[PDB]
Structures are given as C-alpha cells and as structure tokens.
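Structure with 4-hydroxytamoxifen present.
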Amino acid sequence: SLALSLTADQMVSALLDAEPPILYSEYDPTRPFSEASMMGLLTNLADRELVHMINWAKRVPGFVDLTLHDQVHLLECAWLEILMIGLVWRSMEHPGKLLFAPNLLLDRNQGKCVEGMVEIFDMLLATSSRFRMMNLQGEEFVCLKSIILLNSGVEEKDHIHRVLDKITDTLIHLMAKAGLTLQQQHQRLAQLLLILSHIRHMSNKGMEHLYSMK
Amino acid sequence: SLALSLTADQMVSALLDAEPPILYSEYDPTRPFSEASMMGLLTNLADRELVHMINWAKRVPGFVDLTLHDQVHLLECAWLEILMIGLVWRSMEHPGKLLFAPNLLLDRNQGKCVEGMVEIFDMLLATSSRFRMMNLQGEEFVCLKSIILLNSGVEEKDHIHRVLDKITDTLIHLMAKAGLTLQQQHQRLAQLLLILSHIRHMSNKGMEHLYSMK
Amino acid sequence: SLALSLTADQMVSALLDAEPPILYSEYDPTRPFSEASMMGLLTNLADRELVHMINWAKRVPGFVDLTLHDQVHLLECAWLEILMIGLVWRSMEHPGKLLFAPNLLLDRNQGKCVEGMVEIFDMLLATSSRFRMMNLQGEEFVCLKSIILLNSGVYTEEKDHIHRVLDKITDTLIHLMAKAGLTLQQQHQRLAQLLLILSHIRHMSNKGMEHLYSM
Amino acid sequence: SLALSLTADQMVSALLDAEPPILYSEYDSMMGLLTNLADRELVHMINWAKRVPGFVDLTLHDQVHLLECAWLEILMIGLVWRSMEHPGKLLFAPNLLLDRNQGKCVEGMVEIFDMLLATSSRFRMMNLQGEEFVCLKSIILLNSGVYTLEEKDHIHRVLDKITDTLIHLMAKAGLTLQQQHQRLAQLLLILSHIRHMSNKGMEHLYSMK
Amino acid sequence: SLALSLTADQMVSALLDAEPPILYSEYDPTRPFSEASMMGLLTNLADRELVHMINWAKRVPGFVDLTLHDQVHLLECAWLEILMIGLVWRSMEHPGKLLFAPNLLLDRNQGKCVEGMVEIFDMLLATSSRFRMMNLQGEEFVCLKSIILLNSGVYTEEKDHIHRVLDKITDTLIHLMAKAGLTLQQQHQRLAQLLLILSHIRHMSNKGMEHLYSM
Amino acid sequence: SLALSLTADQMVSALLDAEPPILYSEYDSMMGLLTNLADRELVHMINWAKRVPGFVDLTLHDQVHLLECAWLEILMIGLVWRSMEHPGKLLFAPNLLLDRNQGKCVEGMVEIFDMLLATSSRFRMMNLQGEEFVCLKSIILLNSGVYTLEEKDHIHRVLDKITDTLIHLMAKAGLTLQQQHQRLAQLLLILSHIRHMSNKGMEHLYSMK
Amino acid sequence: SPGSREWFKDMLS
Amino acid sequence: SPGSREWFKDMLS
Amino acid sequence: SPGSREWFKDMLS
Amino acid sequence: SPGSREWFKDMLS
Amino acid sequence: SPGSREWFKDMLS
Amino acid sequence: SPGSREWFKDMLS
Ligand SMILES: CC/C(=C(\c1ccc(O)cc1)c1ccc(OCCN(C)C)cc1)c1ccccc1
Ligand SMILES: CC/C(=C(\c1ccc(O)cc1)c1ccc(OCCN(C)C)cc1)c1ccccc1
Ligand SMILES: CC/C(=C(\c1ccc(O)cc1)c1ccc(OCCN(C)C)cc1)c1ccccc1
Ligand SMILES: CC/C(=C(\c1ccc(O)cc1)c1ccc(OCCN(C)C)cc1)c1ccccc1
Ligand SMILES: CC/C(=C(\c1ccc(O)cc1)c1ccc(OCCN(C)C)cc1)c1ccccc1
Ligand SMILES: CC/C(=C(\c1ccc(O)cc1)c1ccc(OCCN(C)C)cc1)c1ccccc1
Ligand SMILES: [Ca+2]
Ligand SMILES: [Ca+2]
Ligand SMILES: [Ca+2]
Ligand SMILES: [Ca+2]
C-alpha cells in the first residue's frame, strides 16, 4: 500500500492537505440564545461538519485501503472525538471559551443554557488549555486527529496498526526537527496520546448526553 | 519529591512491589450460574479488589504526595479501568476467556448470562489478545496501570504530569533494555498508550451498565 | 463621517477586509442531481450567503450611517445582484463553469437540470468571461459589489450622503487604475466598461427573481 | 470603421442628427394609447439605430439581437428625457402628459411609473444635457445585449468611442478631471435603473399576452 | 487405589500441591477494632477458608475414594482443627502474633477485644512457639493437617482403607525424618512429638467451638 | 533425673507398680454413681501421679496444672481400657457395667458413651497391651497441659523416654521397624480422641453446675 | 408584430 | 423567508 | 440521521 | 451456615 | 458502596 | 471439692 511508503514529510503534507474547511455558523445575532436554539445551532454545525469529515477521512493515508465496512465502523465510532479535537484545537487562543465557529464563541456560562452540557464544556476547556500549555503544533494536531480515526472503537499487525506506526514515526520526526532531545520526544509523544484517552472519555459522555435527549 | 528522584530500575521495582494480591473467588461449584449469581460473583470480587486497590495506590510513587481530595478523585475516576487492565492482563494465556480469578474462568458464551455484559466481554477479550500479540511484559503492565491511575478522569507541569513523564522514561528504558531500536521503542510506547483509550472506553461502557442496573 | 474621510487606499482596505467567508456546500456526492435537489442545493447556499451578506453590508463604509429603513431597502433590492456578482467573480478563472462553492462547480449542461435555469447560467458565464478578458482585479470587484449595494435601490439629504459615498468609490476605482499605470483615456474607458457590467448584473438578477417567483 | 475614425465632435453631431421626431399620441384604455405610441416609435427606432455610428457595420443577426434586447430601454430613456421639465409627470407625448395617480389606470403600471419619475428627477438634479442623453441612448443600444467575438470586439471599440465622447463633452463644459470621472460614473449607473425598469415593463407586457 | 500406591516422595508432592491459597482479609484500616468487628473479621475469613478447604480435601490422597457421607463426616468433625493448624503454621515465624492473613497480624492483647478469645489466642501462640522450637517443616505440616482430616472423625472395610492411608502418612513422616538425617531414636521421638501436637489442636478446636456456640 | 536414668524395662516396671486398684461402685441417679466413683478414683490418681517417674521432680504449681488438665482424660482412658473385653458395654466398675442404651439415663451422656465405646473397640482391634496402656496414661498426664521452660524441657525429656519405652515394648513383641512406627502413630492418635471425649465430658459437668 | 424578432429582421434588411 | 423585507429588518435590528 | 452507520454507508458508497 | 453438615454435603455433591 | 467518592475518602483517611 | 485446683494443690503437697 502507498500509504506505508510515505516519508514523514509526505505524511505531514498529505494530512495538512486533507484538512476540511473551517465552517461558519448562521444565526440571528439580534436574538438571544435559548436551550433549544443553542443546542439547535451546535447540532446544525456538527451535522455540516460530518459531511466534510467524510471527504477528509478519504484523504487520510490508508483509509481508502480499507473495506467499506471498516471505513463506516471507524467513522461511526470516532466522529464525535474528531469533532471535539477540532473544537479544542480552534479554542486554544480563547481561554475560558470554545470557538465552535469563527462567528460562534461560547464561554462556560453559556454552556449552562443546555441542561448537562456545562460538564462537557469544562472538560473541553481543560483539554484546550492543556494543548495550549504544550504549544501543540498544527502538524501534530493533524497526526492526532488521524490517530483518533484509525484507533476508533475497540497477523501481528493489521493495516491500521501499520499506518498508526507511520503516524507515530511522523510525530517523532516533527519533534526531532523542532530540536527536542530523544527523552523529550518520547515524553511529549506520551503526553499527547494520554490526552486521546480524555478525548475518548468526553466523546463517550457526549454520546450519552445526545442519546438521553433524543 | 522522592518519587521524581527514582531511577527507571527503582520505579519498576517500586511498582512490582506495590502489586496487590491475586484474589480467589468463592462459590458453590455444584450450582450452575444464573444472571443474578454471576453478576453477584463479579460484584463481590470487584468490591474485594477495591479494598486492595487502596493499598496498591498508596504505594504508587507520587500518589501519597497528593492531597486527600486529589487521591480520592483519581481513584473514583480510574477504579474500573484499573480492574479491567488487571483482568485483561491475567487473561492473556486464556484465549476466548476471561480469568476473573484463578478459580473463575469465564468464556464469552457465559458473558451472555448477564444482559448487556457480552459486549463488554468481547472488548475485554480483544484487548487481552492485543496485549498477548504484543508480548506485554509484567514490568510494562505495572507502568500502564499506574499511568491509568494518574491520568484518571479529565504551572507548566503539575506533580502528576512530572510523575507520568518518569513512568514514560521507565517504559522506554524497559524497551531499550530488551534490545528494541529507538524507532521500535517509540512505536511500542504509542501502541500501548493507544490501548489505554480503549480501556477508558470499556470503563465508560461498564459504568453505564452498572448505573443502569442499579 | 468616517466614510467620506477615507483615502482611496483606506477605502480599498476596508472593502477587502469586509469580505464575507467563502461558503462550502453539503450534499450526498454518490447521488445524482435532480431538478428538486439542485434547486434545493442552490437555495440552501443562497440562504446561508444572505446571513453573511448582512455582516458584510454593515462593514461597507457609509452603510451603517443610514437608517434601518434605508438599509433594509438597499439590501432588499440588491441582494440577488450581490450574490450573482460574487458568483461571477469566483467563476472567473474557471471558463465554462460556475463555482457556486469550492466543492460545487457546475457547467451549463448541469444548468439544464432545472427548467429555465440554463438561460441564466449562460448569462452568468458570459459575464464571468467578460471579467476574465478585462482582467478584473479583486480591488475593483469589491468596489463594484459595494456600488451595487448603494445604487440599486437609490432612487426608490441622506440620499445625498449615499451619492457622495458612491462618488468616493468612483475616485477609488480611478486611483486603482492610475496606480496600475493606465493612461487617462484608458482609465475612463475601463471605468465605463466596469459600470456597464452592472447593467447586465441587474438584468440577470431580474431574470433570477422572475424564475424564483414562477416556481 | 468609419465610426472608429470620427472625432468626438463628429460623433456628437452624428448622434444628434440621428434623433427621431417627437410623436403625438393618436386614437385608433391607457395601455391602448401607450401601445399605439410605442409601436409607432419602434418604426422610427429602426432608422435611428441605422444612423448610430458603428451599428450597420454589424451583421443583420447582431443588429436584430441588440435591438430586440434594448428597445424598451430606449423608449424608456426617451420618456424620462422628455419628462425632465415636468416634475411629477411623464410626458409620453406633447398631448399625453400623465401624473402618478393616472398611472393606476393599468393594474401593475404604477410601480413602473414611480421608478420612471424618480429617474427623471435624477436627470433634472444632474442637469443632464441633450448631448449626454444621445450618448447614453446609443450606449444602451450597443451594450444591453453585448455580452452574449470580432463583431463583439468592434462593438467594444465603438462603446469606448462613446465614452471618449461623453468625457469630451464634460471637459468642454469645464468640469475638472475628477468631476468628469464622477459624472461619467453617475450617468452610467442610471443605465442599471433603466435596465431594471425595462425588465419590469417586459414582464408586464408578456403577462398580459 | 492410587493413594496406597504412592511412594513417600509422591505423597509429599501431592500434599504440597493440594495446598489451598493463602487468603487476604478486607477491612477499613483507618477504623479501630471492636468486639463485633474483630469477630466479624475472623468469621468472614474462616467462612472463606472453608470454601477453599473443600477443594483441598478432595486433593488429599484417599479422600475422594470415600463415600459422600464419610467425606461430610470427616470435614464436619475436623474443619476448625484444620483452620487452627494452618493458623499456627503461618504464625510460626512471628513470635507473639497470630498471622490470620498477610494483612491481618494480631497479638494477644488484640485477642482481648473479644470476650473469652484471649485464652484461645494464648493456646494457639504456645502451639506456634512449639512448632518454631521443633523447627517444623512444611512437608511435616501438610502430613499433620491431612492426618487431622482422616483421624478426627475416624471412630464416630472403608474405615480400614482410611487406616492404611493414615499408616502411609506415618511412613511418609519417618521418610522425611530419615532423609533429614535423624537417627532411628530421633525419628520415633519426633514422630511422637508431632502427633502429640494433634491432641492440643483438638483441644483448641473444642474450646473454639464452645466459644462459637456461646455467642 | 532419676526418671531420665531408668532403662525401658525399669520404666515399664515403675508404671505397672504405680497402677491404682480397681474400685467397686458404691451407694451413698446414674450421674450420682459415676460422680461417686470419679471422686474416689481422683484420690488414687494423686498417688499414682506421684509414682509416675519424673512427675514429682516438677514444682507443685506444675503438678497441679498437669493434673487439673488431664484428670478426666486419665479416668476415660482407664474406663476404655477396662471395657475392652466387654463389646458394646462400658465397665465403670466390676459391679457397674452399662450398655449403650443405659447411657440415655442422663440427657447428654449418650454422645459421650458412643465415643467411649468406639475407642474401646479400637483398643480391642489393635490388641492394646497393659504395658502400652500404662505408657499412654502417663503421656496424657505429662502432655495434656504441657504447651502452656526448663521444668517444661524436663517434661519433654521424660515424654521422649516414654516414647522410647513404647518402641522397646513393640520391638520386644517382634514388630518390624515399620510396624513399630505405624503402631506408635496409631496409639498416639487415640490420645486426640481421648482429649475430645474429655472436653465433651468437662462441658457436660460444668453446665450442670 | 412590431418589436418581434422577425419584425426587427424584416425592418433592418 | 431569507431575503424578504421583514427578514432583513429582523436581522438588521 | 448524520453520523449513523447507515448515513456513513450511504455517504461512502 | 459454612461448616455445617448440610453445607458440606451441598458443597461436596 | 465500594468505589464511591465517600467510600474512597473513608478508606484513605 | 475433689478435682478442683485447690483440692489438687492440697492433695499434692
Ligand atoms: C461539546 C459540544 C457538542 C457538539 C459539538 C462539538 C463540536 C463541534 O464542532 C460541534 C458540535 C455536538 C452537539 C450536537 C451534536 O449532535 C449530532 C446530531 N447529529 C449527529 C444527528 C454533535 C456534536 C455537544 C455534544 C454533546 C452534547 C452537547 C453538546
Ligand atoms: C467486565 C467485568 C465487570 C466487572 C469486573 C471487572 C474486572 C474485575 O476484576 C472484576 C469485576 C465488574 C462487575 C461489577 C462491578 O460492580 C462494582 C459494584 N461496587 C463498586 C458497588 C465492578 C466491576 C463488569 C463491569 C460492568 C458490568 C458488568 C460486568
Ligand atoms: C443562478 C443561480 C441561482 C442562485 C444562486 C446564485 C448565486 C449564489 O451564490 C447562490 C445561489 C439562487 C438560487 C436560489 C435563491 O433563492 C432562494 C430563496 N431564498 C432567497 C428565500 C437565490 C439565488 C438561481 C437563481 C434563480 C433561479 C435559479 C437559480
Ligand atoms: C412605461 C410606459 C410603457 C410603454 C411606453 C414607454 C415609453 C414610450 O415612449 C411609449 C410607451 C410601453 C407600453 C406598451 C408597449 O407595448 C409594445 C407592444 N408592441 C411592442 C407589440 C411598449 C411600451 C409601458 C410599458 C410596459 C408596461 C406598461 C407601460
Ligand atoms: C481463634 C481464631 C478463631 C477463628 C479462626 C481461626 C483460624 C482461622 O484461619 C480463621 C479464623 C474462627 C472464627 C470464627 C469461625 O466461625 C465462623 C462461623 N462459621 C463457621 C459459620 C471459625 C474460626 C476464633 C474461633 C473461635 C472463637 C473466636 C475466634
Ligand atoms: C464418661 C463417664 C463420666 C465420668 C466417669 C468417667 C470415668 C470413670 O472412671 C468414672 C466416671 C465422670 C462422671 C462424673 C464426674 O464428676 C466429677 C465431679 N467431681 C470432680 C467433683 C467425673 C467423671 C461422665 C463424665 C462427664 C459427663 C458424664 C459422665
Ligand atoms: Ca431582530
Ligand atoms: Ca450512496
Ligand atoms: Ca450441591
Ligand atoms: Ca476513615
């Protein structure tokens, strides 16, 4: 498979080039939020992002090598983690707030508009602050988001495992090129992947919240 | 803090020495399982393991440096992930089955005794098979379990972060000492930590199942 | 009044900075277009662009000085012309095609999917071709689009203010052309060629509104 | 080619010499009167167009296309020009002057009436000159159907000549360079409104057929 | 019958391999003992050990050859003696203390927490001290514990089978002592010293059962 | 010290010479008769104990402790020994022989009765000898309270002597080394049953006080 | 009819 | 609906 | 329903 | 209860 | 209830 | 009484 022949630079370049567009929100800016209208806005946005997620996923090296069944499974399990890592990324420059869209910036007190949502907001804000504190790079972000897709859900190594190994190589390459020592490289790799556990957690709580309100 | 002065060998030695006892189950072996009795057995076992988890946690380097409040929080969030990683570890030599205790080995078809539990069993079995395929070492296992405790839930680095960096160093040391190349070391570190995301997922589904049956 | 105090370079900057986001479309890409689905897609896009048009209009020098009534009137009159000039601009470097969105590029044959739409497509395509052949610049484009906003409803003292704003945009177009090195004769000839475009844009908007009403 | 060689003064002269006569309203409904007039003006428009420099260089096909596109605009700009000295009224003919409230005679026409009146008011406020008016009418003829390419290149050169001619007229009147550019823009923006009114008129006409 | 065919070394191996797991206790370690909580803790432990005792008994050579009735009878008679000898063994290297579990080590003063229990503690401690001073070996211990199982109820042809099994365990004890280098005189003296221990274990079990009945 | 120097034959002789007489039941309830007998046998037990080699070397305190612990065991082993030739019966005295169904006279005693009968049956099946019996009775005296340390060391040496003496008796009777060890074990395991029966008896006695 | 395509064609040739 | 007088008015104030 | 298995399948095939 | 005759019997068969 | 916050707090302090 | 600690003490000295 071509995906496994990519150099680290070629992997980064492919992942940057696969990025979906940044979506704007539409709303009446002279009308105040309600529970219904805020959840309505976030739902509309997520559903638009899902369409563009499909085009993105097909551009992630290795993804189109999978059967339709495997492609569907990875996306069905990973989509909310993928929305959330994106949100946390674009919120880094806005402490205490979540930048859902360039024209939709919500602070923690606005999260209380939707019953139960503020617990999720606080987890997302902490994650965003952690990425800021770590000085997460865009090249690192795109590697993590593809890891989420491929690690989604639950002979030696299948295709996905081999592609994930290449993304690890690429993360380490990025760190090495930035001048990190080998010890620093392994430490930062660990710190980043541990945050994926927290993103999984936040997705599980989110899916819970979505299923219980449906 | 003393924990941060530990060499990699001293960390491994401390974590091995902290290990709790392997618990046996008690049941009438001439009576067949029921839903009530199997869930009853697993509940009894988990509750016993929780007592010994407290003694274990206090022996994890760094844990007693934390305030009572932080200690309680880490344990409250991590306990089921900790039970599950232990289960998956002791099941490695038993493909298709889960070794809850040395005298309680349950196969997948027995998981169907308890409504909803078989989905969890299948995730646990896959994780155990993954650890087997990776030839997970006991020294690596104890590092991962302590990572779970410390990474539980959701100025540059707090104490927990610094201790987690030392456990990463220790994992890499173990891999280096086994003769892995630097590329192999970083790849295996990533593979292991990605499995922690799946353990988080399984814990979230488990807590769901426990809350819904209560 | 800020608008009349702007130098030509400040006017260009303000108009460039005012630009709305480029919108993407959403659709099932494994599913063929029908008349209903294509018209639904273009309706969806236009309705979304209308929301962002409001934020742009408020950043056009002079617009926010007007009363609410006047703002509503100018936007109500000009909005389809504003959508169409934007469409023509983004299609300029795609001969034969209309770039509704970066992920929605349609040719004239696809226009036949909706009864009566191909005639409108052809007009839009000829206008985009004219733009290309004039080598229309983005700075000129933003001037023209703001002229549409201020002019289309301007007959139907605050009206004297709009006319002084419109005169400033004219000064701005000539400035851009003089800076580009055009002779005095080329500057007035190109000013005329650009403003005559706006009569064709009005025509296409009228034909579009007529088509929208009939369905 | 003969058109492309004319001086600005010769272009003005040719456009003025091409002007059709002013027609009187005649009796065979208000729409009946207007239709009578329009159909008679169309005959004069044919020979006017043929006297607009550059027009007869075009193929028959292109001449038909341009006139088919522009004719109602040409009638309307004429109407607006002759209503200039009649605030609040439209002078369809010397013997047919209507105020706004008379426009309500035909369901639909009074929208069009007010637009024509606002345009005539603009002409008055700008103090539009006859020489400028004839330039604008010839621009309508050559521009309105023009986007739809040598024949169309030639048209663009003639259009550039008429622009040169407008600027010549403004310079001669003593406007500064800035005033000339501003006024050229003001006058060309009127043609957008004339297009609008023609599109609305054509809509009305087609729907009653 | 497998049991009577075992060599002495095979008997030792089988008895060593039969050993039950060492059990841990659970309790709140920030909470002081009361009479109720300590007695509850020891009751809990004993009840759990009883479950594992069944699996051990079935691995004792000869036991499973007996009828259900005989198995029940021997276990019903011997179980507290079996718990107590195990307790004494695991306490051997902890002078003054009883090692109920690796995380439950109690001294005689803690025995006073339960009315009448200190007298039993003292007897168990003296027996553990005797074990230590004899340097009792684990191979000897497993022989003695199995003798308790087979002997305690053995009066209250299948009974001739148990007696031949008991004789084999005696042969096994002497073998272990001869292998250790004891003289013939030291072998019979130590065999007697070990078997006399079992009279004290019976005494402590009887006192324990009496205490359990009274509360 | 005198005890520690005796040969095996001298130990046997001393133990036999120390034997108390067999008492007859006498009349002052079945428990009344047994109590009468027991209390009379206790007096003889005092002088018997003092004639067991090693016993009087111990302090008064230790002598009291040992007898206080062992006395009912000593009575019971005596009872079992004299019932040996009476299958299904207990010969409390020559003039007091009870069968199992007579044991039901005292609520509680018939549990004890059956145990004593099973032990007497075991003695018969082993063909226990008088010389062996006297060794076992002296072991009970010295062992039963012994775990509770020179005085207690001395006791252990005397206990080892009695073991030597049992083995001497078995060797003399022509048992092989293996038979000697097996029989020594069989006889010592009986003392566990004798302890059990004494503990049960003492329970009964204390509860009726 | 006046103003039609055919009419313009006829009038212009 | 989007683009109507009332919609513009609502959105603008 | 966006995000459902069936929706993803439809969109990918 | 654990250790009784019936408990042993139940556990042993 | 083992595993609850309050249970953990009790056991740790 | 016979068999008591005090009785044994008295009989044995
Ligand atoms: C945390 C923000 C959020 C959503 C969100 C996150 C990131 C982003 O870029 C956009 C939205 C969210 C909200 C709703 C939602 O609904 C999906 C309904 N479709 C799938 C039918 C998905 C995500 C949300 C999720 C669960 C409950 C409440 C809020
Ligand atoms: C997956 C096995 C399991 C439990 C388990 C896992 C590992 C282990 O070593 C022991 C048990 C499990 C079952 C019940 C349980 O209850 C806790 C109740 N207490 C906390 C009040 C905890 C874990 C379980 C968890 C949730 C639902 C159904 C089953
Ligand atoms: C020519 C493309 C087009 C529209 C369009 C133009 C530019 C652009 O950027 C996006 C769309 C179009 C389609 C529908 C529409 O109105 C929807 C009704 N809303 C306003 C209530 C407006 C423009 C259209 C207009 C009329 C008929 C058929 C198609
Ligand atoms: C604005 C006045 C007008 C006409 C008009 C304009 C200027 C002028 O000088 C003379 C008349 C108008 C009315 C009717 C008309 O019909 C043409 C029918 N022929 C073409 C078969 C044309 C113009 C009119 C046009 C459309 C609807 C209603 C009224
Ligand atoms: C001496 C320790 C002890 C028990 C014990 C001994 C050894 C061992 O390994 C564990 C415990 C003891 C306590 C209770 C018990 O029975 C509980 C009742 N169940 C059997 C129904 C048995 C032994 C005990 C016995 C009687 C009274 C007081 C305490
Ligand atoms: C087994 C016969 C027996 C006694 C007995 C045994 C052997 C023997 O040679 C003579 C009697 C027995 C009965 C009573 C008794 O009381 C002593 C009261 N004195 C000590 C104040 C002692 C033994 C007995 C003991 C306890 C309960 C019931 C019966
Ligand atoms: Ca509003
Ligand atoms: Ca499809
Ligand atoms: Ca049973
Ligand atoms: Ca506490």
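So that the names make sense, note that chain A is the first sequence line, chain B the second, and so on, each numbered from 1. Numbering of ligands and ligand atoms starts at 1, following listing order.
- Every copy of 4-hydroxytamoxifen included, the relevant parts of the model are ligands 1, 2, 3, 4, 5 and 6.
- Measured by close contacts, the chief partner of 4-hydroxytamoxifen (ligand 3) is listed under the PDB entry as estrogen receptor.
- Other chains with one or more heavy atoms under 4.0 Å from any atom of 4-hydroxytamoxifen (ligand 3): C, H.
- Residue C:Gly86 places no heavy atom under 4.0 Å from 4-hydroxytamoxifen (ligand 3).
- Between 4-hydroxytamoxifen (ligand 3) and the UniProt 17beta-estradiol-binding residues of chain C, heavy-atom distances under 4.0 Å are seen for C:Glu49, C:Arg90, C:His211.
- Below 4.0 Å from some heavy atom of C:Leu124 lie the following atoms of 4-hydroxytamoxifen (ligand 3), by number and element: 1 (C).
- Contact atoms of 4-hydroxytamoxifen (ligand 3) toward C:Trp79: 20 (C), 22 (C) (distance under 4.0 Å to a heavy atom of the residue).
- Residue contact check for 4-hydroxytamoxifen (ligand 3): C:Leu98 places no non-hydrogen atom closer than 4.0 Å to it.
- Nearest-residue assignment for atom 16 (O) of 4-hydroxytamoxifen (ligand 3) (options C:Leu104, C:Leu212, C:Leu99, C:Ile85; heavy-atom criterion): C:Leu212.
- In chain C, the residues contacting 4-hydroxytamoxifen (ligand 3) fall mostly within the UniProt domain NR LBD.
- Within the structure, 4-hydroxytamoxifen (ligand 3) lacks C:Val114 among the residues with a heavy atom less than 4.0 angstrom away.
- Proximity annotation for atom 26 (C) of 4-hydroxytamoxifen (ligand 3): of C:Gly208, H:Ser4, C:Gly40, C:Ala101, C:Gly208 comes nearest, heavy atoms only.
- At distances under 4.0 Å from 4-hydroxytamoxifen (ligand 3), no other ligands or ions are found.
- By the criterion of a heavy-atom distance under 4.0 Å, neither the backbone nor the side chain of H:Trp7 is placed next to 4-hydroxytamoxifen (ligand 3).
- This PDB entry labels chain H with the name AB5 peptide.
- For atom 28 (C) of 4-hydroxytamoxifen (ligand 3), the nearest non-hydrogen atom from the set C:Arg48, C:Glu49, C:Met117 belongs to C:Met117.
- Closest to atom 13 (C) of 4-hydroxytamoxifen (ligand 3) by heavy atom, among C:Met53, C:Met39, C:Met215, C:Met38, is C:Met39.
- Put simply, part of C:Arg90 is less than 4.0 Å from 4-hydroxytamoxifen (ligand 3), judged by heavy atoms.
- The shortest N/O to N/O separation between C:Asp47 and 4-hydroxytamoxifen (ligand 3) falls below 3.5 Å.
- Heavy atoms of C:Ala46 come nearer than 4.0 angstrom to 4-hydroxytamoxifen (ligand 3) in at least one pair.
- Every heavy atom of C:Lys207 sits 4.0 Å or more from the atoms of 4-hydroxytamoxifen (ligand 3).
- Near 4-hydroxytamoxifen (ligand 3), within 4.0 Å on a heavy-atom basis, the structure shows C:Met39, C:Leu42, C:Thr43, C:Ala46, C:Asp47, C:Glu49, C:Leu50, C:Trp79, C:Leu80, C:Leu83, C:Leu87, C:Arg90, C:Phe100, C:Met117, C:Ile120, C:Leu124, C:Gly208, C:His211, C:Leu212, H:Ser1, H:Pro2.
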